[PDB]
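All remarks here apply to the structure that follows.
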2 protein chains.
Amino acid sequence: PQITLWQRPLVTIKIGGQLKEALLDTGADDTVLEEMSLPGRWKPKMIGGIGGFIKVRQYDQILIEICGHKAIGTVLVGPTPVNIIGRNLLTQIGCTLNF
Amino acid sequence: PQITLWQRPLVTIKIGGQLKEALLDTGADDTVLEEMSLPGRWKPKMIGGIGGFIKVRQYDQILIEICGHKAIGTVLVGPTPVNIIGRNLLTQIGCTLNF
Ligand SMILES: CC(C)CN(C[C@@H](O)[C@H](Cc1ccccc1)NC(=O)O[C@H]1CO[C@H]2OCC[C@H]21)S(=O)(=O)c1ccc(N)cc1
């Protein structure tokens, strides 16, 4: 689909058997989700944003279905105030910016 | 232009007579630029992102030229780690997300 930007580009995703809403975010290198239960093993990592940094758990090769499109890749989990789909997954679903 | 997301979607902008590079950021409601000299009056404001909040200066009716497309609107200035073009300006240049 084509998505205009008069509102937040929020999309429904399914991950870890759970349904969530997440922001399609071209400004985010990596995907980061609020605290949630995920199956795998994980590595501690820290990511930097506007107000400083947060500590996250890195999960690799995690399946996500973003608006009915599957992708597998790194998901970070931690105290982000919003679920963010970053460019690492956006590229997999063929998402582009257009003007 | 159509822009893929294997790299950061950085674009050259002109604002306040100065040239900068900024991220086209669908995840950002508002445009926020690193500390810079801008003409005019302003108002204290706080914006929140991944690591917490920062205090910014809000400038209204500011002219920006983003990839050669003019837009006028609100620009926040403050200690963001990167210059961000947010949805308030992206809509003005007809920027959309497609997959
Ligand atoms: C622009 C950078 C700082 C990157 N940020 C992505 C960005 O889209 C965040 C994503 C975001 C979105 C909502 C809340 C927090 C973070 N948006 C954001 O900070 O926007 C602020 C300016 O406008 C306002 O609208 C939303 C928050 C304000 S980030 O969230 O910090 C980020 C950094 C690293 C990764 N891997 C993933 C995300």
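Per chain, numbering begins at 1; letters A, B, ... match sequence-line order. All heavy atoms count here, side chains included; hydrogens, waters and symmetry mates do not. Both ligands and their constituent atoms are indexed starting at 1 by order of listing.
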* Asked: What drug do the PDB records list at ligand 1?
  -> darunavir
* Give the name from the PDB entry for the chain that makes the most contacts with darunavir. => Protease
* Asked: Can you list the other chains with a non-hydrogen atom under 4.0 Å from darunavir?
  -> A, B
* To do: Identify the binding-site residues of darunavir using a heavy-atom cut-off of 4.0 Å.
  => A:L23, A:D25, A:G27, A:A28, A:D30, A:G48, A:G49, A:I50, A:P81, A:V82, A:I84, B:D25, B:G27, B:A28, B:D29, B:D30, B:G48, B:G49, B:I50, B:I84
* Considering only the protein, which heavy-atom contact is closest to atom 25 (O) of darunavir, and what is its distance? -> B:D29 N, 2.9 Å
* Which of the atoms of darunavir are close to B:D30, meaning less than 4.0 Å from one of its heavy atoms? -> 22 (C), 23 (O)
* May I ask you to identify the nearest protein heavy atom to atom 32 (C) of darunavir, giving residue, atom name and distance to one decimal place in Å? => B:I50 CD1, 3.8 Å
* Just which atoms of darunavir are under 4.0 Å from any heavy atom in B:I84? -> 1 (C)
* Asked: How close does the nearest protein non-hydrogen atom get to atom 13 (C) of darunavir, and which residue and atom is it?
  -> A:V82 CG2, 3.3 Å
* **Heteroatom distance test (A:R8, darunavir): nitrogen or oxygen, under 3.5 angstrom** => no
* **Residue and atom name of the nearest protein heavy atom (relative to atom 38 (C) of darunavir), distance in Å to one decimal** => A:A28 CB, 3.5 Å
* Identify the closest protein heavy atom to atom 26 (C) of darunavir: which residue and atom is it, and at what distance? -> B:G27 O, 3.7 Å
* So which protein heavy atom does atom 31 (O) of darunavir come closest to, and at what separation? -> A:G49 CA, 3.0 Å
* Closest approach of any protein heavy atom to atom 33 (C) of darunavir, naming residue and atom -> A:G48 O, 3.4 Å
* Asked: What residue and heavy atom of the protein are closest to atom 6 (C) of darunavir, and at what distance?
  -> A:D25 OD2, 3.2 Å
* Asked: Where on the polymer does the covalent link from darunavir land: which residue and which atom?
  -> none
Go ahead and list the nitrogen or oxygen contacts between darunavir and the protein that come in under 3.5 Å, distances to 0.1 Å, or just say none.
{"residue": "darunavir", "atom": "8 (O)", "partner": "A:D25", "partner atom": "OD1", "Å": "2.7"}
{"residue": "darunavir", "atom": "8 (O)", "partner": "A:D25", "partner atom": "OD2", "Å": "2.5"}
{"residue": "darunavir", "atom": "8 (O)", "partner": "B:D25", "partner atom": "OD1", "Å": "2.9"}
{"residue": "darunavir", "atom": "8 (O)", "partner": "B:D25", "partner atom": "OD2", "Å": "3.3"}
{"residue": "darunavir", "atom": "17 (N)", "partner": "B:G27", "partner atom": "O", "Å": "3.3"}
{"residue": "darunavir", "atom": "23 (O)", "partner": "B:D29", "partner atom": "N", "Å": "3.2"}
{"residue": "darunavir", "atom": "23 (O)", "partner": "B:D30", "partner atom": "N", "Å": "3.3"}
{"residue": "darunavir", "atom": "25 (O)", "partner": "B:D29", "partner atom": "N", "Å": "2.9"}
{"residue": "darunavir", "atom": "25 (O)", "partner": "B:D29", "partner atom": "OD2", "Å": "3.3"}
{"residue": "darunavir", "atom": "36 (N)", "partner": "A:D30", "partner atom": "N", "Å": "3.3"}
{"residue": "darunavir", "atom": "36 (N)", "partner": "A:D30", "partner atom": "O", "Å": "3.4"}
{"residue": "darunavir", "atom": "36 (N)", "partner": "A:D30", "partner atom": "OD2", "Å": "3.3"}

